[PDB]
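Check out this one - formoterol stuck to Beta-1 adrenergic receptor.
Proteins get letters first, then strands, A, B, ... in listed order; numbering begins at 1 in each. Hydrogens, waters and symmetry mates play no part in the numbers below; they use all other heavy atoms, side chains included. Remember, it's 1-based here, ligands and their atoms both numbered in the order they're listed.
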Amino acid sequence: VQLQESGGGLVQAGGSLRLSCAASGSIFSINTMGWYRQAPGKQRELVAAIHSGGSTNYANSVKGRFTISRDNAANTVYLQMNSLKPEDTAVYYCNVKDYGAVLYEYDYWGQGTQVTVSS
Amino acid sequence: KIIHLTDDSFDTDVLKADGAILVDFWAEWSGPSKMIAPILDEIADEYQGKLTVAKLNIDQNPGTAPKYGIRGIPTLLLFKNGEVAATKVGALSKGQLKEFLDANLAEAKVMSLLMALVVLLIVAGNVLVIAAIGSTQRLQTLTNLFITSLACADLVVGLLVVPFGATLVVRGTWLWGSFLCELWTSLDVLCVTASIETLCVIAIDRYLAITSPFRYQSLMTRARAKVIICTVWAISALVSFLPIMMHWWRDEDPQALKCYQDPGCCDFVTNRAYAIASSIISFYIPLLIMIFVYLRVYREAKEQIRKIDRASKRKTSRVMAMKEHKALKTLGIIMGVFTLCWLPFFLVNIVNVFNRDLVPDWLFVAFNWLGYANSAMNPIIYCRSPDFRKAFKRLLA
Ligand SMILES: CCCCCCCCCC(=O)N(CCO)C[C@@H](O)[C@@H](O)[C@@H](O)[C@@H](O)CO
Ligand SMILES: CCCCCCCCCC(=O)N(CCO)C[C@@H](O)[C@@H](O)[C@@H](O)[C@@H](O)CO
Ligand SMILES: CCCCCCCCCC(=O)N(CCO)C[C@@H](O)[C@@H](O)[C@@H](O)[C@@H](O)CO
Ligand SMILES: CCCCCCCCCC(=O)N(CCO)C[C@@H](O)[C@@H](O)[C@@H](O)[C@@H](O)CO
Ligand SMILES: COc1ccc(C[C@@H](C)NC[C@H](O)c2ccc(O)c(NC=O)c2)cc1
Ligand code: NA
């Protein structure tokens, strides 16, 4: 299983980016695809997550601005990031929580794609 | 090789006989006695040194068979040092008779060693799980709280319930007196009820966490998990100690009253109400919850494949990958091992309430031992997580 990350980079404050993570490999039908970020000199934190069932969960910092969706067929998750601020600058990581073990979840992590918002 | 007994020679050939001797009572008129004769010829050769085969014709020598209470023929009495070790009244095949002779010739030694490994697996397995969760910070999850409840229930089964059980089978009598019979019986029902009810709670925990992960985080707190655990132990206590210690489980039957009066007897004899109520609360309600819950995990995962195929626009039809086949195996092991171990005992237990003499005492006790085996299985089933495997290797030097 590989998590390929695209869509990051440099963008002016007030601008938009659209992150995409295409999960190529065997994942259980039931899973939770998500975006985590690690800002410089901070701990990794959940940005947004979407369950296979279609439930969503967002950090309060990114509510109203950021929208998480997944591809209808493929294991690909999209974070449309609008009204970006220099606070949002961080290494963003794709995550897949696979539920195939039933008694535990397995984690997969992306390498991580840099997002830098300038003022 | 076969001895051909008379009435006079019987004391010298059989009662004063060196070692093990199998006596066949047969007749020339009896068709089932002709059927066994060529099988005993093969057994006399194959079991040379282990036993001696002896035949007594009842037509020629009628005086011996009434002394041992022979009601039917052919009847095979195995003698060991002047006394009748084992009995039968029916005709057999060579394969069935080999098994009977092997079982009674070896002085039940397999039976006692098999109890020893069961205690060792339960104590080793469960101490290792509680240790792993207790020691490792990473393992102290909400699910592993319910795993810790289970691990304690099964541990107390290995340390106290199975040992005192083992002794009653070996000695054939209760050596620790009326009070500890009642206390031990309560501890058995408490820990078996706590174990099987916590399996049901683990099913519900994993179902919420898998199907509704964000709802599960807010809905299932550490405080709520503690209350659920405490409730399962409270229910287990009120089905085990409260009824057994206050004599509510007692049957009125006089043959039952002889067991309650005798401190040597520790037979598990229940009224109809306790046998039903304890079986429903300990096993059947937990079993129905687990079937219902784990079915909705299967249905969710199957329906989620339907959503993927529908959204392809008739481009690809999905097939079962490695992850789906492993999930379906795990579901098989959970419901398979739990049901194999405990359904026979609790099925037989509800059958005794209807007709008492239908199922033998050995089968009942044997199925209760199969239930105790589940306490050794649960560590193997419920602690396969990478984090568990890392911690287990770290604890073993
Ligand atoms: C027979 C085998 C049945 C085994 C399962 C027993 C389920 C017991 C459930 C239970 O204890 N509760 C959860 C479901 O009702 C009660 C809580 O809802 C209640 O304590 C709330 O007030 C919480 O918010 C406490 O913080
Ligand atoms: C989710 C529901 C949770 C409640 C569970 C209640 C189920 C058990 C109810 C019950 O007590 N009985 C089940 C039916 O037997 C009755 C028996 O305890 C017993 O009274 C009778 O069987 C006869 O012995 C009486 O003469
Ligand atoms: C924290 C939640 C507290 C609930 C505690 C009640 C548990 C359910 C009721 C109950 O205790 N029983 C079923 C009701 O009968 C089991 C036995 O008490 C009873 O079956 C036997 O004592 C009789 O059958 C003897 O004739
Ligand atoms: C890739 C394939 C993976 C294996 C999946 C097969 C499932 C095997 C488990 C199973 O289904 N049962 C175990 C039976 O031994 C039956 C139970 O689901 C249940 O039906 C029974 O507990 C009740 O009927 C008892 O009244
Ligand atoms: C006839 O001689 C005997 C003597 C002792 C036993 C063990 C028994 C206490 N084990 C109890 C069993 O492990 C168990 C656990 C939970 C339950 O709810 C019920 N209920 C039955 O009515 C039963 C078995 C047979
Ligand atoms: Na007694």
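- Taking every copy into account, the model assigns formoterol to ligand 5.
- Other chains whose heavy atoms approach formoterol within less than 4.0 Å: B.
- Listed by UniProt number from the N terminus, the transmembrane segments of chain B with non-hydrogen atoms under 4.0 Å from formoterol are 3, 5, 6, 7.
- The UniProt annotation of cyanopindolol binding in chain B and a heavy-atom cut-off of 4.0 Å around formoterol together pick out B:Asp188, B:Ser278, B:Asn368.
- Applying a heavy-atom cut-off of 4.0 Å to formoterol picks out B:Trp184, B:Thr185, B:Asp188, B:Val189, B:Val192, B:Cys266, B:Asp267, B:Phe268, B:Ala275, B:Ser278, B:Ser282, B:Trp342, B:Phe345, B:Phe346, B:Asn349, B:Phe364, B:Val365, B:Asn368, B:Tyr372.
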